[PDB]
Structures are given as structure tokens and as C-alpha cells.
Novice: 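Sending over a structure as C-alpha cells; questions will come in a sec.
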There are 2 protein chains.
Amino acid sequence: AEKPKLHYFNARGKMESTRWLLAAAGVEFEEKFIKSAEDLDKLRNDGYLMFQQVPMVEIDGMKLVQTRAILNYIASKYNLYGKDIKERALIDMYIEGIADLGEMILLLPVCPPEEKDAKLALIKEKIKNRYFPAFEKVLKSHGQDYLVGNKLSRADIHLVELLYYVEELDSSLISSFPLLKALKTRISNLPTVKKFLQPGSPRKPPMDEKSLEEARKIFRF
Amino acid sequence: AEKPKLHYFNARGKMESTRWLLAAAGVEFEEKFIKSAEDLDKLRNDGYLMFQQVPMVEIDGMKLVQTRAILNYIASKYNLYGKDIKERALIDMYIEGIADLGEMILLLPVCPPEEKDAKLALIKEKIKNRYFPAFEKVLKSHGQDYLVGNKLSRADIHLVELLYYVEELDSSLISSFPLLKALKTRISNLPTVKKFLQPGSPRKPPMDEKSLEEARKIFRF
Ligand SMILES: N[C@@H](CCC(=O)N[C@@H](CS)C(=O)NCC(=O)O)C(=O)O
Ligand SMILES: N[C@@H](CCC(=O)N[C@@H](CS)C(=O)NCC(=O)O)C(=O)O
Ligand SMILES: C=C(CC)C(=O)c1ccc(OCC(=O)O)c(Cl)c1Cl
Ligand SMILES: C=C(CC)C(=O)c1ccc(OCC(=O)O)c(Cl)c1Cl
């Protein structure tokens with residue numbers, strides 16, 4: 001029927017976690033790229049964006065805005081949000097930790113040059129002493145293949161996506177965390193995820209200086 | 001039985017929305033205040049904070065950290081998160097908008113003096129031209145007393161809490177939004193909320209330079 005339609009600019013940004021989740025669920029989607037501020041304004045004027053911002057996803061008759069709203073709906077619709085509220089609580093706690101670290105890395109390129117060095121150092125420190133030990137500890141606690149309920153959930157998907165970004169940053173960071181390395185492997189081999197990691201998929205590359213300045217002009221940041 | 005126990009410092013911060021939610025649901029809770037950095041370190045060493053941070057809420061045998069994880073659990077447990085996946089999607093979209101504006105106002109006090117004047121102007125502009133019209137439009141669209149499903153939800157609670165903060169900032173901002181003003185009144189009269197607004201409740205006052213000074217030392221911000 002109507003495949004979900006993602007509205008954003010041709011880049012990772014705040015739309016990438018959604019592309020990863022849909023793909024891992026095996027859902028085909030279409031993207032409608034915003035190429036100019038004129039494109040954004042038309043969406044605004046047609047009353048498509050509740051808060052005049054993107055990401056925006058057309059799905060099940062709704063024009064959903066706000067990253068967490070979009071991700072929560074999709075995760076629930078495809079049974080990737082756990083089996084009950086206690087499982088959702090563990091999932092939420094884990095993925096909000098992932099969102100904090102992920103945001104830091106996302107904004108690194110937009111960080112003021114005189115601060116870049118400090119920021120990068122703080123991030124690596126947090127990765128090694130706060131975030132990775134926390135997730136490695138969860139996996140060691142139950143010895144299971146998945147983070148929550150011994151079954152695949154959005155938590156494993158979001159985590160593995162973040163592990164790829166950390167690798168791009170510094171591949172040595174994951175060294176002292178074997179369980180995390182193991183999970184990265186298992187999840188990457190699931191048919192849906194393997195197809196998404198392969199050349200030619202909707203997966204997006206890191207942002208280049210040239211494309212980054214047009215984005216900044218359109219969105220103002 | 002065991003009442004929920006909230007761990008934070010004596011101030012609004014990121015714990016205030018949880019205080020407002022529990023109270024609106026009629027749930028009594030206890031607070032354990034962090035008075036010094038040594039208090040924070042004890043929690044850390046006791047293995048109570050997954051990511052070495054607070055807010056942390058002890059509830060139903062769990063040591064839940066992360067604001068959204070805590071609020072999602074509580075909203076679900078007390079039937080304040082809608083009746084289905086689609087109602088939850090509208091709620092999430094709305095409250096994520098509230099979270100964005102709320103974060104701006106929360107951080108205003110820790111903003112550079114040089115920047116404050118430009119910041120606050122940006123906020124008031126967003127309030128009048130982005131956020132308030134969006135919510136006023138939702139209420140006008142259905143003509144109902146609540147934001148979603150013609151039944152009280154966490155969305156009405158989060159919104160009214162935000163209206164009080166905007167009032168503290170500039171009481172004239174809500175002027176051209178009659179429906180928002182009406183909602184503020186209606187929600188404030190609910191028994192549980194009215195009791196929370198009264199003197200002596202766990203509701204917290206805005207921050208003062210001395211206390212802000214110390215929060216900053218402890219939390220390093
Ligand atoms: N909290 C929102 C933030 C959305 C957001 O910041 N969107 C940006 C681009 S990534 C945008 O459209 N900015 C245009 C504007 O703010 O006018 C979310 O998570 O979706
Ligand atoms: N995204 C987290 C942020 C938590 C947070 O920023 N906690 C601060 C105090 S408000 C803290 O404990 N900082 C100490 C630290 O980061 O080491 C949440 O929503 O709970
Ligand atoms: C809303 C925007 C800024 C707050 C945003 O989501 C964003 C973040 C990083 C970005 O580049 C880096 C990348 O890897 O995509 C880009 Cl192009 C965007 Cl639009
Ligand atoms: C994590 C902290 C900041 C990164 C935080 O949540 C926070 C924000 C504002 C604050 O003061 C303002 C207030 O009105 O409470 C305080 Cl005291 C805190 Cl601890």
C-alpha cells in the first residue's frame with residue numbers, strides 16, 4: 001500500500017535512526033528530499049509540519065513530526081518496543097543513553113572550531129568511561145544475545161547504529177568491549193540489517209563541508 | 001506500599017515534570033535530595049545510576065534513570081498515555097514540542113550574559129510564532145477540553161506546566177491565545193493539580209544564584 005514517506009534533507013541528521021529502524025523491520029520506504037529553503041517553506045505553507053520543522057514522516061494517514069514520536073510509533077507498530085511496560089522501561093532507559101551520546105557525535109561537525117578539540121576529547125572519555133561500560137555490563141549480566149527480553153528490539157538496532165558512528169570516530173574505542181563487538185556482528189548479519197549495510201541502500205554517508213553549509217543555510221544552525 | 005522515591009537536587013531542573021506528573025496522577029512520593037557532590041558520588045559508587053547521572057527514580061523494583069524513560073513508565077502505569085498507538089503518536093508529537101521549548105527556558109539561567117538578551121528574544125519569538133499557535137490550533141480543531149482523545153493525558157499536564165513557566169517569563173505572551181488560557185484554568189482546577197499548586201506541596205521554586213552556584217559545582221555545568 002502506501003509505503004512510509006520520509007521528508008528530510010539528503011543526509012543523516014535526525015532522520016538516520018528512522019531509516020535504520022524501518023530497514024531493520026523490513027519496511028520499504030520512500031524519501032522526499034528537501035533541496036532548498038523553498039522546499040521547506042512549501043511544506044510549512046501546506047500545513048504539513050506541526051512545529052515548522054523536519055523530520056516529518058507520512059505514515060498511516062498521519063503527518064508525524066518529532067524524532068521520538070516517529071520512532072516510538074514505528075517501534076510499536078513493528079513489535080520492536082518490548083512485550084510490556086517494564087520491558088519498555090528498560091528499552092527507554094537504554095536508548096535515551098544512546099540518544100545523548102549520539103547527539104554529541106551528530107553535532108561535532110557543527111561545533112565551533114575553537115572548541116572542537118575539547119569536545120572530541122570529552123566524547124571519547126564519555127564513550128570509554130560512561131556509555132560503553134554501561135552497555136557491556138547489561139550484556140554480561142544476562143549473557144543473552146539481545147539487550148532486552150532475549151529477543152530483537154529497537155534497543156539493539158539503535159545501539160549497533162551508534163557503534164558504527166563511534167567506529168568512524170575512532171575504531172580503537174570498542175577494543176576493550178568484546179560483548180559489544182559481538183553484538184555489532186550478530187545484528188549486522190540479520191538479513192534486513194545486512195541489506196541496509198550493503199552498497200546502494202538508503203543508508204546515508206557522513207556530511208561533507210559543502211553539503212553541510214547548504215543545510216546550515218536552509219535550517220539555520 | 002513503597003512510595004516512588006525521587007533522587008535529585010532541591011530544584012526544578014529535569015525532575016520537575018516528573019513531580020508534576022505523579023502529583024496529577026494522585027501518587028504520593030518521597031524525595032531524597034543530593035546536597036553535595038559527595039552525595040552524588042555515593043549514588044554512583046552504590047551502582048544506582050546507569051549513566052552516572054540523575055534524575056533517578058526508584059519505582060516498582062527498578063532504578064530508572066533518564067527523564068523520558070521515567071515519564072513514559074509513569075504515564076503508562078497511570079493511564080495517562082492515551083488509549084492506543086495512534087493516540088500515543090499524537091501525544092508524543094505534542095510533548096516533544098513542549099520538551100524543546102521547555103529546554104530553552106530551563107537553560108536560560110546558565111546562558112552567557114552576553115548572549116541572554118538575544119536568547120530570550122528568540123524564545124519569546126518562538127513562543128508567539130511557533131509553539132503557542134500550534135497548540136491553540138489543536139484545541140480549536142476539535143473544540144474539546146483536552147488535547148488528545150477528549151480525556152486527560154500527560155500532554156495536558158506537560159503543557160500547563162509549561163504555561164506556568166512562560167507566565168513567569170512574560171505574562172503577556174499567552175494573551176492572544178484564549179483556548180490555551182482556558183486549558184490552563186481547567187487543568188489547574190483538577191483536584192490533584194490544585195493540591196500540587198497549593199503552598200506546601202513538592203512543587204519547586206525557580207532557581208536562585210546561590211543554589212544555582214552549587215548545582216553547577218556538583219553537576220559540573
Ligand atoms: N526535536 C525535534 C527537532 C527537529 C529539528 O531540529 N529540525 C530541524 C532540522 S534537523 C529543522 O527543521 N529546523 C528548521 C527550523 O527550526 O526552522 C526532532 O527531534 O524532530
Ligand atoms: N538525558 C538525561 C540527562 C541527565 C543529566 O543531564 N543529568 C545531570 C543533572 S541534570 C547530571 O547528573 N550530570 C552529572 C554528569 O553528567 O556527570 C536525562 O534526561 O535524564
Ligand atoms: C536539525 C539539524 C541540526 C540540529 C540536524 O539534524 C542536522 C545535524 C547534523 C547534520 O550534519 C551531520 C550529519 O552527519 O548528518 C545535518 Cl546536515 C543536520 Cl540537518
Ligand atoms: C542537568 C542540569 C543542567 C545540565 C539541570 O537539569 C538543571 C537545569 C537548570 C537548573 O536551574 C534552573 C531551574 O529553574 O531549576 C538546574 Cl539547578 C539544573 Cl540541575
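Proteins get letters first, then strands, A, B, ... in listed order; numbering begins at 1 in each. Because only heavy atoms are used, hydrogens play no part in the values below, and waters and symmetry mates are left out as well, while side chains stay in. Counting starts at 1 for both ligands and their atoms, in listed order.
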Novice: Which name from flurbiprofen, phenindione, ethacrynic acid, desipramine belongs to the molecule at ligand 3?
Specialist: ethacrynic acid
Novice: Counting heavy-atom pairs within 4.5 Å, which chain has the most contacts with ethacrynic acid (ligand 3), and what does UniProt call it?
Specialist: Glutathione S-transferase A1, N-terminally processed
Novice: Show which other chains sit less than 4.0 Å from ethacrynic acid (ligand 3), counting heavy atoms only.
Specialist: A
Novice: Listed by chain and number, which residues of other chains have a heavy atom closer than 4.0 Å to any atom of ethacrynic acid (ligand 3)?
Specialist: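 The heavy-atom contacts are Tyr8(A), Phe9(A), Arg12(A), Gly13(A), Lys14(A), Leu106(A), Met207(A), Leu212(A), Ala215(A), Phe219(A), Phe221(A).
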Novice: Taking N or O atoms only and a 3.5 Å limit, does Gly13(A) qualify as a polar contact for ethacrynic acid (ligand 3)?
Specialist: yes
Novice: Give me the nearest non-hydrogen protein atom to atom 6 (O) of ethacrynic acid (ligand 3) as residue plus atom name, then the distance to 0.1 Å.
Specialist: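 Ranked first by proximity to atom 6 (O) of ethacrynic acid (ligand 3) is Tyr8(A) OH, 2.8 Å.
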Novice: Quick test: of every protein heavy atom, which one is nearest to atom 12 (C) of ethacrynic acid (ligand 3), and how far off is it to 0.1 Å?
Specialist: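 Ranked first by proximity to atom 12 (C) of ethacrynic acid (ligand 3) is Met207(A) CB, 3.7 Å.
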Novice: What residue and atom, counting heavy atoms only, is the protein's closest point to atom 8 (C) of ethacrynic acid (ligand 3), and at what distance?
Specialist: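 Closest protein heavy atom to atom 8 (C) of ethacrynic acid (ligand 3): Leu106(A) CD1, 3.5 Å.
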Novice: Specify which UniProt glutathione-site residues in chain A come within 4.0 Å of ethacrynic acid (ligand 3), measured from their heavy atoms.
Specialist: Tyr8(A)
Novice: What atoms of ethacrynic acid (ligand 3) come closer than 4.0 angstrom to any heavy atom of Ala215(A)?
Specialist: 17 (Cl)
Novice: What source organism is recorded in the PDB entry for chain A?
Specialist: Homo sapiens
Novice: Which protein non-hydrogen atom lies closest to atom 16 (C) of ethacrynic acid (ligand 3), naming both residue and atom, and how far is it?
Specialist: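 Protein heavy atom at minimum distance: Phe221(A) CZ, 4.0 Å.
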Novice: Mark up the atoms of ethacrynic acid (ligand 3) that fall under 4.0 Å of a heavy atom belonging to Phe219(A), in ascending order.
Specialist: 19 (Cl)
Novice: Hey, which atoms in ethacrynic acid (ligand 3) end up nearer than 4.0 Å to a heavy atom of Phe9(A)?
Specialist: 17 (Cl)
Novice: Show which atoms of ethacrynic acid (ligand 3) fall inside a sub-4.0 Å distance from at least one heavy-atom site of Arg12(A).
Specialist: 14 (O), 15 (O)
Novice: Which other ligands and ions neighbour ethacrynic acid (ligand 3) at distances under 4.0 Å?
Specialist: ligand 1 (glutathione)
